[PDB]
Structure formats: structure tokens, C-alpha cells
Amino acid sequence: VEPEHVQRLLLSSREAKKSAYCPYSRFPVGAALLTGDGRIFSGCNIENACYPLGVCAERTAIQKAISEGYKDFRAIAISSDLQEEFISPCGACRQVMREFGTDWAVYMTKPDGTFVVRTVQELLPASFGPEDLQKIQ
Amino acid sequence: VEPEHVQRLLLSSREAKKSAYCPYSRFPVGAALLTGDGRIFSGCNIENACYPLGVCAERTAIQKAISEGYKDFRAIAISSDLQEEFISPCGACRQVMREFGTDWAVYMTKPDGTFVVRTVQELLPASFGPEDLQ
Amino acid sequence: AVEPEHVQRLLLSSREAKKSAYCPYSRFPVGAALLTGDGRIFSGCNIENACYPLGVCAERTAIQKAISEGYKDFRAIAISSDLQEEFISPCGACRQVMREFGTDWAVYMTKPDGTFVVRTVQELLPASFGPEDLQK
Amino acid sequence: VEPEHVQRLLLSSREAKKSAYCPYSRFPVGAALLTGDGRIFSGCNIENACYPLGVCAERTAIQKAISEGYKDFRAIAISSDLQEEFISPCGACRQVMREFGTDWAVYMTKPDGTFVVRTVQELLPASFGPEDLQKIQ
Ligand SMILES: O=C1C=CN([C@@H]2O[C@H](CO)[C@@H](O)[C@H]2O)C(=O)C1
Ligand SMILES: O=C1C=CN([C@@H]2O[C@H](CO)[C@@H](O)[C@H]2O)C(=O)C1
Ligand SMILES: O=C1C=CN([C@@H]2O[C@H](CO)[C@@H](O)[C@H]2O)C(=O)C1
Ligand SMILES: O=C1C=CN([C@@H]2O[C@H](CO)[C@@H](O)[C@H]2O)C(=O)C1
Ligand SMILES: [Zn+2]
Ligand SMILES: [Zn+2]
Ligand SMILES: [Zn+2]
Ligand SMILES: [Zn+2]
């Protein structure tokens with residue numbers, strides 16, 4: 001029913017959630033990042049005794065990709081155990097997503113397979129970015 | 001919000017920028033928060049040798065306000081030295097703002113005094129929030 | 001060292017600061033108070049977020065408050081929590097922020113009964129990364 | 001001459017530095033993490049226009065490992081272009097390392113291959129950790 005790449009995205013994010021390290025919130029989250037060439041990098045939240053030091057599924061996935069040399073992203077899907085709410089990315093992840101482009105898709109899903117799609121631009125209007133430090137020239 | 005407050009808020013934000021500790025970016029930023037009862041808490045960005053450990057002006061101000069017992073905010077103004085564009089809050093700050101409501105105002109200014117106003121909701125659509133964990 | 005008077009003021013201040021803690025997620029309130037060179041005290045408490053990574057520790061709330069007011073000379077900082085049988089220790093992120101402003105100052109890790117362990121920033125963060133590494 | 005695992009760590013850390021996304025500080029850092037079963041996970045610092053949203057090499061590597069299901073870490077090496085100074089992990093990274101043990105090694109290096117090794121414990125004494133949050137005490 002859904003395009004093949006969307007199927008891959010949803011399945012990978014749901015699978016990625018199994019590796020979540022969240023003994024404090026018991027709120028497992030998984031993510032699957034799709035690059036331009038078709039490769040997928042997965043991620044999950046990894047908390048810390050000192051809450052502020054944890055990391056979200058999206059950034060774990062984006063950080064993995066970049067460390068591997070991939071900066072061209074097409075889309076990223078997110079999965080959680082919230083059955084009645086589309087899992088949405090926090091502002092911090094939106095900012096990191098934005099560092100690598102505003103024109104890519106974020107699939108906010110539910111366990112049943114349903115989802116909402118918004119671009120990074122829509123998720124982060126009038127975004128602060130590289131231009132602020134006059135880095136685009 | 002009362003224009004009397006808006007002005008005091010905008011000035012406080014620029015004044016706060018003078019304390020900025022940003023020897024790495026050399027991009028100082030100030031912010032001023034207005035609570036529901038008219039009290040104003042300001043803040044500035046404080047960087048660190050290891051970049052990830054720095055903090056933004058908005059959060060410095062919000063964190064200050066909360067530590068003083070205030071959690072009901074009406075607006076927050078931001079000021080920087082960037083001439084070409086209105087200084088807007090990074091996603092992390094938008095998420096901290098959201099933690100305490102989506103209906104308040106964010107004043108994104110330019111050094112000359114002009115600005116654009118947007119609510120926390122408009123800056124962080126379809127947000128993740130407290131209700132996700134309740 | 002630091003006079004028992006300032007230490008008591010720091011101690012009472014951190015404990016009092018802990019009352020404002022915003023921590024509905026962990027329900028682990030923490031308070032902190034730092035002493036500047038001129039004797040002024042600034043306090044803070046942890047402030048969490050629905051998305052855990054966006055919270056902040058009590059020490060950084062205090063330090064950032066101090067700096068925002070123009071103070072960057074610290075003599076000592078005291079931390080307090082509800083942990084009965086354990087001295088509350090600052091996390092690594094806070095130690096690194098403390099280090100940005102010196103390594104020779106004192107950190108007081110306390111218990112709810114007033115007992116404490118004191119260590120310098122240098123001792124809590126040895127062979128540290130710092131501003132000097134970016135100059136060279 | 002160093003033990004094979006040390007050579008691998010040193011070399012991987014050096015190679016991972018090439019993927020560093022650090023246009024703001026222009027200070028590239030690489031890290032390599034050795035797990036108990038011998039697998040190595042690399043990472044690099046990934047900055048953001050808004051400085052606070054950046055991530056260090058050590059955590060990029062640790063998060064990669066955990067996302068893949070590895071929590072038993074044996075050692076991690078760090079590399080930078082700092083010629084006459086062993087690159088040291090920031091306090092934030094030492095806290096993340098500590099979440100997964102205090103008794104493993106950290107190799108702080110220089111480009112010439114020389115290094116200083118300390119355990120997580122020595123780099124983060126009287127640390128705050130998971131047990132401080134245990135329900136019963
Ligand atoms: O969309 C997202 C919302 C939240 N989280 C993670 O969920 C836990 C609770 O905030 C934390 O571990 C937090 O990082 C994500 O990883 C993604
Ligand atoms: O030494 C300290 C240890 C932890 N914390 C705070 O405690 C909660 C649980 O990690 C989080 O809110 C965390 O920030 C401090 O504020 C100080
Ligand atoms: O809206 C804002 C944009 C950026 N910053 C700060 O500016 C520096 C460059 O990213 C960093 O110190 C960053 O924290 C703020 O304080 C507020
Ligand atoms: O040991 C380390 C010290 C610093 N960093 C990174 O170097 C840049 C300067 O703070 C930042 O990008 C910072 O994250 C590392 O990744 C490792
Ligand atoms: Zn996030
Ligand atoms: Zn910010
Ligand atoms: Zn801390
Ligand atoms: Zn680090």
C-alpha cells in the first residue's frame with residue numbers, strides 16, 4: 001500500500017526501538033534515517049543517570065550516518081510505544097536535522113503503522129542555522 | 001502584551017547581551033523573559049571549550065526564572081548582533097519554552113529594534129511535550 | 001579554604017534552592033549554590049524536560065545565573081539532594097562547565113544531614129580538556 | 001610496538017577523524033571504541049550552527065555501539081590534530097562512558113601515536129551514576 005521506501009522506514013524504526021537504552025523513562029524510541037543513495041541508518045534513545053546527558057533516537061541515527069560520511073538525507077521515521085499519538089521529534093533533534101537541510105521528510109508514526117509527514121522546514125519555522133554565523137558563502 | 005512591557009522586555013534583552021561569554025563564536029546573544037506577573041528575567045549565551053557544553057541565552061533566562069519560583073511566562077525577547085536577520089531561537093530552546101506552554105510570545109529582533117513575533121506553538125509545530133509522558 | 005560561615009550559607013542556600021526544582025520525571029530534586037570572589041551567592045536547581053536530554057542540572061543553572069549577572073570568579077559551589085546515604089556528586093557535564101572557569105576551586109558534595117565531601121574542580125576532572133587546547 | 005588491539009584503536013581513531021563535521025571550530029576529533037568481543041565502533045565530532053547542539057567523537061562512537069546492541073566496552077581512543085597535547089575527553093563524554101562502567105580504558109593520543117591511558121574511574125572520580133537513582137537504597 002505504501003511506497004517501498006516508506007515500508008523500509010517504518011520497519012527499521014520499529015526494529016531500531018528494540019535497542020533503546022531507557023531504564024529511567026521506560027520510553028523506548030527508535031528511528032530510521034534514509035540517505036539519498038538508499039542506505040538506512042537506525043538509531044534509538046540512550047539515556048544517562050544524569051538525564052541531560054541522554055540522546056534521542058534521531059540524533060543517534062543522524063550522528064551514525066555523518067560519522068560514516070553521509071550528509072544527504074531523504075527522510076527519517078520515528079517509532080515509540082505511544083499507540084494513540086504520533087511520536088514527534090524534540091526541538092533539539094529538529095535543529096540537528098536542520099543543520100543538514102530543511103528539505104527532507106520526517107515520518108511521525110504510531111505502532112499501528114499510521115503516520116504524519118512534515119518537512120524539517122515545517123517542523124522548524126524561521127530556523128536558526130549556519131547563515132547566522134555567516135557560514136554559507 | 002502591554003507595550004510598556006514589550007519595550008522594557010526588548011531593552012532588557014539587549015542589555016543582557018553585554019554579559020555574554022562567547023569567546024569561541026564571538027556571537028553574543030541576550031534574552032529577556034516576562035512572567036505572568038510582570039517580573040523580568042534575562043540571560044545570555046555561555047559557551048564552553050567543548051562546544052556541546054555551552055548554553056543559549058533563552059535557556060539561561062528561563063532556567064533563572066524557574067529557579068526563582070516562576071513558571072508562568074507571557075513572552076521572551078531575543079537580541080544578537082546579527083544585522084541581516086532576526087535572531088531566532090534554536091530548536092533546543094524552543095523545546096524548553098514548550099515545556100512551559102505553547103501559547104506565549106517570542107520576539108525575534110534585529111539590532112535596529114525591528115522584530116517579528118511568533119508563538120511557541122508556531123515555532124515548534126506538532127511538538128513532543130509533557131503530555132507524551134502522562 | 002572557605003570559612004565555615006560561607007559553607008553554611010552555601011549549604012543552606014543549595015538546600016533552599018532545591019525547593020524550586022522542576023523534576024516531575026525523575027522526582028529527584030537537586031539544589032546548588034556557588035560563592036563568587038566578592039562573597040555573592042547564586043543558586044540553582046535542576047530543571048527537567050519531557051525530552052530528558054533537554055533538562056539542566058542544578059550546578060549549571062547556578063553557574064549560568066552567576067555569569068549572566070557578570071560574575072566569573074568562583075571560590076566554591078555546594079550541591080544538595082534528597083539522597084540520604086550518598087554524597088551528591090556533580091555529573092561530568094557540570095564538572096566541564098565548572099572547569100571553563102577555573103580548576104582550583106572547591107566543590108562541596110553533601111548529604112541531607114549536613115555532612116559533606118569537598119574536592120577541587122581539578123580533582124573531579126583530571127587531565128581535562130579546556131580553553132587552552134583550542135588556543136594551540 | 002603495541003598490542004594489536006591498541007594499534008587498531010589508534011588507527012581507527014585516526015581514520016574516524018576524517019569524517020568530522022566541525023566547520024565552526026575547525027578542530028577535528030576522531031574516536032574508536034573497542035567492545036569486549038573485539039568489534040570496533042568509530043565516531044567523530046559533529047557540530048551545529050548553535051554550538052550546544054554539537055556532539056563529541058566519543059559519544060558519537062558510544063551511541064553507535066549501543067544502537068547496535070553493544071554495551072560491554074573495553075576501551076576507547078581519541079585523536080585530534082593537537083600536536084603537542086594528548087586529546088582529552090570532556091566531562092560530558094566521561095559521564096556517558098561511566099553509564100556503562102568505570103573499569104575500562106581511555107587512550108588520550110597525539111598525532112605521533114604516543115598516548116596516555118586512564119580508566120574511566122580515574123577520569124571521573126566520586127562520580128554520579130546509575131546506582132544513585134536506584135529505587136531502593
Ligand atoms: O521523539 C523523541 C522523543 C523522545 N525521545 C526520548 O524519549 C525519552 C523521554 O523523553 C528520552 O530518552 C528522549 O530522548 C526520543 O528519543 C525521540
Ligand atoms: O549532581 C547532580 C545530579 C543530577 N542532577 C539532576 O538530577 C536528575 C536525575 O538525573 C536530573 O534532573 C539531573 O539534571 C543534578 O541536578 C545534579
Ligand atoms: O537564538 C540564539 C542563537 C544562538 N545562540 C548562541 O549563539 C552561539 C552560536 O551558535 C552559541 O553560543 C549559541 O548558544 C543563543 O544563545 C541564542
Ligand atoms: O575530546 C574531545 C574534545 C572536543 N571535541 C570536539 O572538539 C570541538 C571543540 O570543542 C567540538 O566539536 C567538540 O565536540 C571532541 O569531540 C572530543
Ligand atoms: Zn530529540
Ligand atoms: Zn538555543
Ligand atoms: Zn550535571
Ligand atoms: Zn565530549
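Numbered from 1 within each chain, the chains take letters A, B, ... in sequence-line order. Scope of the values below: all heavy atoms of this structure, side chains included, with no hydrogens, waters or symmetry mates. Read the numbers this way: they start at 1 and go in the same order the structure lists the ligands and their atoms.
Lab note: most contacts to ligand 4 come from the chain UniProt lists as Cytidine deaminase.
PDB records give the name of the drug at ligand 4 as 3-deazauridine.
Other chains with a heavy-atom distance under 4.0 Å to 3-deazauridine (ligand 4) are given as B, C, D. Taking UniProt's list of Zn(2+)-binding residues in chain D, a heavy atom lies under 4.0 Å from 3-deazauridine (ligand 4) for D:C56. Looking at chain D, most residues touching 3-deazauridine (ligand 4) fall inside the UniProt domain CMP/dCMP-type deaminase. For chain D, the UniProt substrate-binding residues having a heavy atom under 4.0 Å from 3-deazauridine (ligand 4) consist of D:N45, D:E47. Atom 6 (C) of 3-deazauridine (ligand 4) has as its closest protein heavy atom D:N45 ND2, 3.7 Å. Of the residues UniProt marks as active site in chain D, nearest to 3-deazauridine (ligand 4) with least heavy-atom distance to 1 Å is D:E58, 3 Å.
Residue contacts with 3-deazauridine (ligand 4) for B:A49 involve N, CA, C or O but no side-chain atom from C-beta outward (heavy atoms, distance under 4.0 Å). Among the ligands and ions shown, none besides 3-deazauridine (ligand 4) lies under 4.0 Å from that drug.
If you number the atoms of 3-deazauridine (ligand 4) from 1 as listed, the ones under 4.0 Å from a heavy atom of D:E47 come out as 8 (C), 11 (C), 12 (O). The proximity of C:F129 to 3-deazauridine (ligand 4), defined as any non-hydrogen pair under 4.0 Å, is limited to the side chain. The protein atom (non-hydrogen) at minimum distance from atom 7 (O) of 3-deazauridine (ligand 4) is D:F27 CD2, 3.4 Å.
For D:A57, the heavy-atom gap to 3-deazauridine (ligand 4) drops under 4.0 angstrom. Close contacts between 3-deazauridine (ligand 4) and D:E58 involve ligand atoms 1 (O), 2 (C), 15 (C), 16 (O), 17 (C) [criterion: under 4.0 Å to a heavy atom]. Contacts with 3-deazauridine (ligand 4) closer than 4.0 Å are made by heavy atoms of both the backbone and the side chain of D:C56. Residue D:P89 approaches 3-deazauridine (ligand 4) through these ligand atoms, each under 4.0 Å from one of its heavy atoms: 1 (O). If you check which protein heavy atom lies closest to atom 5 (N) of 3-deazauridine (ligand 4), you get D:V29 CG2, 3.7 Å. Listed in the PDB entry as the source organism of chain D is Mus musculus. Considering both main-chain and side-chain atoms, D:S25 never comes within under 3.5 Å of 3-deazauridine (ligand 4) through any nitrogen or oxygen pair. For 3-deazauridine (ligand 4), the atoms closer than 4.0 angstrom to any heavy atom of D:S88 are 1 (O), 2 (C), 3 (C). The heavy-atom binding site of 3-deazauridine (ligand 4) at 4.0 Å consists of B:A49, B:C50, B:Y51, B:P52, C:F129, D:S25, D:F27, D:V29, D:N45, D:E47, D:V55, D:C56, D:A57, D:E58, D:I87, D:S88, D:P89.
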Could you pull out the N/O contacts under 3.5 angstrom between 3-deazauridine (ligand 4) and the surrounding protein atoms?
residue, atom, partner, partner atom, Å
3-deazauridine (ligand 4), 1 (O), D:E58, OE2, 3.4
3-deazauridine (ligand 4), 1 (O), D:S88, O, 2.7
3-deazauridine (ligand 4), 10 (O), B:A49, O, 2.7
3-deazauridine (ligand 4), 10 (O), B:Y51, N, 3.2
3-deazauridine (ligand 4), 12 (O), D:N45, ND2, 3.0
3-deazauridine (ligand 4), 12 (O), D:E47, OE2, 2.6
3-deazauridine (ligand 4), 16 (O), D:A57, N, 3.0

